[PDB]
Amino acid sequence: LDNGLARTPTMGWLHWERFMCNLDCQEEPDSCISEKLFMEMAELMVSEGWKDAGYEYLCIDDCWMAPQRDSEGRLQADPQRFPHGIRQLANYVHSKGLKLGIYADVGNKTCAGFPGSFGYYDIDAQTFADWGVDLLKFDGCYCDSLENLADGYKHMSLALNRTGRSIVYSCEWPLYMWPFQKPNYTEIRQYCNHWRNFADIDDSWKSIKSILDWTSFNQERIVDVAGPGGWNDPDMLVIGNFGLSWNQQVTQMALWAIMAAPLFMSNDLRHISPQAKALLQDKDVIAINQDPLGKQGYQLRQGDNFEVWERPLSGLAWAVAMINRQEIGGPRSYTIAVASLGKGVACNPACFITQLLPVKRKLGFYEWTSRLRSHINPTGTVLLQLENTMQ
Amino acid sequence: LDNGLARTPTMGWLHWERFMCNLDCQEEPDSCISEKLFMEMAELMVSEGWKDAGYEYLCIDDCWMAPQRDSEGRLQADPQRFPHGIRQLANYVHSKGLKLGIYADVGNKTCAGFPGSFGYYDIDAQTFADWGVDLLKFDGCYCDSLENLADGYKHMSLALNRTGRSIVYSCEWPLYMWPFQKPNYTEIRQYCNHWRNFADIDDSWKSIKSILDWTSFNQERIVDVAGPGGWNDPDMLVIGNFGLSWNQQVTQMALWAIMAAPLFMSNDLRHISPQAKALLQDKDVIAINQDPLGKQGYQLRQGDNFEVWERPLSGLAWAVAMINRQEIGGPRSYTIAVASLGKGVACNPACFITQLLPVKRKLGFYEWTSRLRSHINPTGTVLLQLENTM
Ligand SMILES: *[C@@H]1O[C@H](CO)[C@@H](O[C@@H]2O[C@H](CO)[C@@H](O[C@@H]3O[C@H](CO[C@H]4O[C@H](CO)[C@@H](O)[C@H](O)[C@@H]4O)[C@@H](O)[C@H](O[C@H]4O[C@H](CO)[C@@H](O)[C@H](O)[C@@H]4O)[C@@H]3O[C@@H]3OC[C@@H](O)[C@H](O)[C@H]3O)[C@H](O)[C@H]2NC(C)=O)[C@H](O[C@@H]2O[C@@H](C)[C@@H](O)[C@@H](O)[C@@H]2O)[C@H]1NC(C)=O
Ligand SMILES: *[C@@H]1O[C@H](CO)[C@@H](O[C@@H]2O[C@H](CO)[C@@H](O[C@@H]3O[C@H](CO)[C@@H](O)[C@H](O[C@H]4O[C@H](CO)[C@@H](O)[C@H](O)[C@@H]4O)[C@@H]3O[C@@H]3OC[C@@H](O)[C@H](O)[C@H]3O)[C@H](O)[C@H]2NC(C)=O)[C@H](O)[C@H]1NC(C)=O
Ligand SMILES: *[C@@H]1O[C@H](CO)[C@@H](O[C@@H]2O[C@H](CO)[C@@H](O[C@@H]3O[C@H](CO)[C@@H](O)[C@H](O)[C@@H]3O[C@@H]3OC[C@@H](O)[C@H](O)[C@H]3O)[C@H](O)[C@H]2NC(C)=O)[C@H](O[C@@H]2O[C@@H](C)[C@@H](O)[C@@H](O)[C@@H]2O)[C@H]1NC(C)=O
Ligand SMILES: *[C@@H]1O[C@H](CO)[C@@H](O[C@@H]2O[C@H](CO)[C@@H](O[C@@H]3O[C@H](CO)[C@@H](O)[C@H](O)[C@@H]3O)[C@H](O)[C@H]2NC(C)=O)[C@H](O[C@@H]2O[C@@H](C)[C@@H](O)[C@@H](O)[C@@H]2O)[C@H]1NC(C)=O
Ligand SMILES: *[C@@H]1O[C@H](CO)[C@@H](O[C@@H]2O[C@H](CO)[C@@H](O)[C@H](O)[C@H]2NC(C)=O)[C@H](O[C@@H]2O[C@@H](C)[C@@H](O)[C@@H](O)[C@@H]2O)[C@H]1NC(C)=O
Ligand SMILES: *[C@@H]1O[C@H](CO)[C@@H](O)[C@H](O)[C@H]1NC(C)=O
Ligand SMILES: OC[C@H]1NC[C@H](O)[C@@H](O)[C@H]1O
Ligand SMILES: OC[C@H]1NC[C@H](O)[C@@H](O)[C@H]1O
């Protein structure tokens, strides 16, 4: 979408995976979907270093709404959980130097069953712009027709544009289309800043694997459409939660960087391990994800329970990720000729290789005829940066 | 098996899951299956507290053998990887106050392709006794028929007995005959100290889940047959490796205790985190696993992506494990009427409840009508001990 936004993948925090649709503020006041939750995360996003690392958008997902629209046909924030209203929340978030994201649905209802925006696109766009909203995530539930789905996503894009306010537009259009027909990514890119392709992530290695496998399976269709202003969205980072081992967490961070993915954390920033925090704030890995060239990476090789992915970067550099998919035994060595990397130009005549995950280490100079050898933990990933040089 | 061994579930270390069949001693000398590896693990079992926690048996799995039997028809340790032989290894292990476990296969070959014991059961049994072996794991690969399989497992049990040496006999009899015929656990129990029922564990939450789900599904068949001298083997503990989150590690430790499982670690004791170590050496949880009454636990309840399991202990105590099987969201509130626990006698008229995992914490006295509210992390478990009080 040519709105001048998302020139690099959008970074922020989104409540959905970790907090879901918890409406139980009586029994669980600190975890329920309410203004206090977002106020606290906004505070922590600044004080704990997330904003300085690039995480800018504090985003509200489903279940923020009152059961019904007001008498003027507007969406309302729930009066018990958001008593001060979204406008005051937006102002609070902006006073911290952050941006506010919000959620709506293209159909009759949101996925959790709250009011949908079908027949209200202009009213809702204008309501969000009035409030000071900076990003909309637009879900695809309760839409009976693929025509209405496509038309709704296009209409809201235009409606947001007409407000005059710059609003990142995050779509789930291809995801709700894929079962029934092939998405047209040239069309989607014109209307959306980023788009969900695949099923909801959860806090599991199985889920990370299936997203990587579906991305690599469909990479011919989706890799080349991504670029400044329009990104593939493989869903939230679940690092810092409960279901991923340390190696599995390194794998998600590494591959979301290779894939030029929006980086939306969904975790409890009040309760995050030093390790997960250091991984998520890793300046070098974030720089890869945010590389200004904006060319999405891809799977190069697959075999022997190993995967090799690579991404072209600016300044003639490349990122290489090698995943160990064997879920038994110990570290396994993988050896690859550097001449097979970066379409033969990454280390021609030479290159400097620096390892970034799971630890930072300079590996030295590699000639075009050299072989690269790494040990990789089961379900772990080694991420390298190849810096091309004529020495 | 009535040999006076495994009166509580056997505890130790087994190389297979973490080290497997690595023969590349040229390029990976510290990780290949060699006498060096087992000598190093032995040293660490003593120095780092493993022996004191109860982990006693240092066990060799597949791929220790030479490609061929010797001229006398005996198995031989690989000459390049075990140049000092198994007898010297057994002596070294015994000098550390530990016991030695070894591996063989009922069929013509081991699963990895080395010499099998079919037609050599008495030779091998005697060879192992002569070496001073204290435990045999006996695998089921390359066995043509169910007749041979059954007869093989029985033959080796008797052969071990005839040596006069006390040897723990660890079988895979039910695992390998399940596909074709329902195992007779009464028969299996008479011949074996423990038995593998299900597929090989690996370093994944998926595999932990599958083992628990298959156990609970089959718990009517297998729970009551367990007891002092004969245990169900859900396979190795994989805590301290690569594929399990912290909560998933706690779940395995808690549930292996509930299930009266043999506790065979398969990890690198040279490279293990402090958390994984503290969990594996947790005296209170190990005491549950090793409860002298030796009654295996079972799934009590399933619903709302929660599972409740319990185990009866000695002295009118119970252990209770509540698992959160929802793999999305945050810690989830679970409330249970304590009157549902221990067949209604656990907290009649009252009980003192102590949480053991993921942290140790006295929770206080509960009356029969009370409700316990826990918070359980996704894929995590809360483990409680209930002490009945008047
Ligand atoms: C571990 O591996 C060992 C080596 O492979 C196994 O021993 C084999 O067991 C075979 C049966 O499972 C057995 O096969 C029989 O062989 C008889 C004679 O050999 C013939 O073949 C030779 C070359 O292959 C050849 O040189 C000879 O000239 C012979 O022709 C043969 O008579 C048998 O046939 C019987 O059955 C048929 C069919 O009903 C009748 O028509 C026939 O009259 C006869 O009664 C049989 O051969 C064939 O078996 C397969 C079947 O599909 C064919 O129809 C049938 O013809 C073989 O002798 C040995 N091999 C060796 C080298 O000794 C061992 O098996 C176990 O132990 C053996 C001793 C036996 O007790 C088996 O029942 C056991 O399963 C394997 N053990 C384990 C645990 O896996
Ligand atoms: C509603 O929609 C309209 C379009 O339908 C939006 O107007 C468009 O806004 C963008 C804002 O960037 C504008 O794009 C720029 O155009 C000027 C020339 O007029 C260029 O100098 C810009 O290039 C520079 O900046 C970009 C970063 O955006 C950078 O990539 C370049 O290297 C350079 O430094 C930029 O041109 C774009 O460059 C990137 C390339 O991918 C695009 O194709 C190219 O457009 C558009 O001109 C403008 N479109 C029109 C038709 O006027 C409007 O912002 C939007 N309003 C709201 C509220 O959302
Ligand atoms: C080879 O097999 C035979 C059986 O086929 C083993 O003999 C059995 O060994 C058991 C354990 O040592 C004996 O049971 C014990 O009996 C004594 C006295 O009553 C008692 O102190 C123990 O608590 C135990 O009692 C019960 O035994 C029956 C079980 O139902 C119950 O669970 C136990 O609590 C058992 O009597 C004996 N059976 C027979 C038929 O003789 C034999 O074990 C070896 O012999 C015994 C006597 C002892 O020297 C052991 O150290 C030794 O292992 C076994 N041999 C080998 C080498 O494994
Ligand atoms: C996927 O979506 C893209 C973008 O909408 C489609 O390309 C666009 O197709 C429009 C209508 O077919 C084109 O409009 C034309 O504009 C010119 C102005 O010069 C008029 O003369 C002409 O009558 C049309 O109205 C538009 O040019 C084109 N946009 C872009 C950015 O390429 C695309 O359609 C497919 O490709 C185009 C080039 C044609 O070959 C179509 O026949 C073809 O469907 C969509 N792809 C699919 C598979 O649906
Ligand atoms: C499973 O194995 C059990 C142990 O071998 C069998 O029980 C034993 O059966 C013998 C006769 O086959 C008998 O002499 C033994 O006393 C008895 N052992 C014990 C500890 O009870 C069992 O056999 C079944 O149950 C026995 C009591 C008889 O009713 C048999 O006719 C049955 O087959 C075996 N079960 C099965 C299903 O094969
Ligand atoms: C929404 O449902 C109404 C009936 O409640 C129906 O008239 C309308 O066509 C539906 N629209 C969409 C986009 O699903
Ligand atoms: O109910 C909200 C939920 N709906 C489905 C979406 O794909 C999720 O990301 C989340 O927004
Ligand atoms: O190859 C050895 C391998 N065989 C199959 C067994 O069940 C495993 O535990 C292991 O011993």
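Letters A, B, ... label the chains, following the sequence lines from first to last. We number chain A the way the PDB entry does; in order, the residues shown are 32-422. We number chain B the way the PDB entry does; in order, the residues shown are 32-421. For ligands, and for the atoms within them, numbers begin at 1 and follow the listed sequence.
The macromolecule with the greatest number of heavy-atom pairs within 4.5 Å of ligand 7 is, in UniProt, named Alpha-galactosidase A. Looking at ligand 7, the drug there is 1-deoxygalactonojirimycin. Other chains with one or more heavy atoms under 4.0 Å from any atom of 1-deoxygalactonojirimycin (ligand 7): A. Residue contact check: A/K168 has heavy atoms under 4.0 Å from atoms 8 (C), 9 (O), 10 (C), 11 (O) of 1-deoxygalactonojirimycin (ligand 7). Considering backbone and side-chain N/O atoms, A/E203 comes within less than 3.5 Å of an N/O atom of 1-deoxygalactonojirimycin (ligand 7). The shortest separation from a heavy atom of A/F145 to 1-deoxygalactonojirimycin (ligand 7) is not under 4.0 Å, leaving the residue out of contact. When only interatomic distances are considered, the shortest N/O to N/O separation between A/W47 and 1-deoxygalactonojirimycin (ligand 7) does not fall below 3.5 Å. Atom 1 (O) of 1-deoxygalactonojirimycin (ligand 7) has as its closest protein heavy atom A/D93 OD2, 2.9 Å. Contact atoms of 1-deoxygalactonojirimycin (ligand 7) toward A/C142: 1 (O), 4 (N), 5 (C) (distance under 4.0 Å to a heavy atom of the residue). Listed by number with element, the atoms of 1-deoxygalactonojirimycin (ligand 7) under 4.0 Å from a non-hydrogen atom of A/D92 are 2 (C), 10 (C), 11 (O).
Measured by heavy atoms, 1-deoxygalactonojirimycin (ligand 7) lies under 4.0 Å from these UniProt substrate-binding residues of chain A: A/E203, A/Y207. For the pair A/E48 and 1-deoxygalactonojirimycin (ligand 7), no heavy-atom separation below 4.0 Å is found. Under a 4.0 Å criterion applied to the non-hydrogen atoms of A/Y134, 1-deoxygalactonojirimycin (ligand 7) contributes the atoms 2 (C), 11 (O).
Atom numbering of 1-deoxygalactonojirimycin (ligand 7) starts at 1 in the shown order; those under 4.0 Å from a heavy atom of A/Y207 are 5 (C).
Heavy-atom contacts of 1-deoxygalactonojirimycin (ligand 7) within 4.0 Å involve A/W47, A/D92, A/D93, A/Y134, A/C142, A/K168, A/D170, A/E203, A/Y207, A/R227, A/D231.
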